[PDB]
Every structure is written in structure tokens, then in C-alpha cells.
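Comments concern the structure below.
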Amino acid sequence: XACXXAXX
DNA sequence: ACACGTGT
DNA sequence: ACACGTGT
Ligand SMILES: *C(=O)c1nc2ccccc2cc1O
Ligand SMILES: *C(=O)c1nc2ccccc2cc1O
């Protein structure tokens, strides 16, 4: 759920 | 059980 | 070495 490198 | 990678 | 959780 978070996006810090991908954002799922 | 499956779904994540770029940005220091 | 540190930096992540919402949504099926
Ligand atoms: C988002 O909350 C979240 N995203 C994920 C992406 C890929 C793998 C695990 C994973 C867990 C969570 O909680
Ligand atoms: C992004 O590429 C990315 N983000 C993260 C966030 C939190 C923890 C690990 C992590 C690894 C990567 O690759």
C-alpha cells in the first residue's frame, strides 16, 4: 500500500 | 495468498 | 544501510 520506490 | 521498486 | 503499507 505505501509508495516510497514503487506504490502498490 | 498476491502485490513493490527507486532514491538516497 | 534505511526507506513501506492498504487492498484485494
Ligand atoms: C501495502 O500496504 C503493501 N504493499 C505490499 C506490496 C508488495 C508486497 C507486500 C506489501 C505489503 C503491503 O502492506
Ligand atoms: C523502492 O524501490 C523501494 N522502497 C522501499 C521502501 C521501504 C522498504 C524497502 C524498499 C525497497 C525498495 O526497493
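Proteins get letters first, then strands, A, B, ... in listed order; numbering begins at 1 in each. Atom set for the values below is all heavy atoms of this structure, side chains included, hydrogens, waters and symmetry mates excluded. Simply put: modified residue means parent letter or X, and its extra atoms are ignored for contacts.
- Of the drugs dusquetide, cagrilintide, quinomycin A, the one that appears at chain A is quinomycin A.
- Contact chains for quinomycin A (heavy atom under 4.5 Å, other chains only): B, C.
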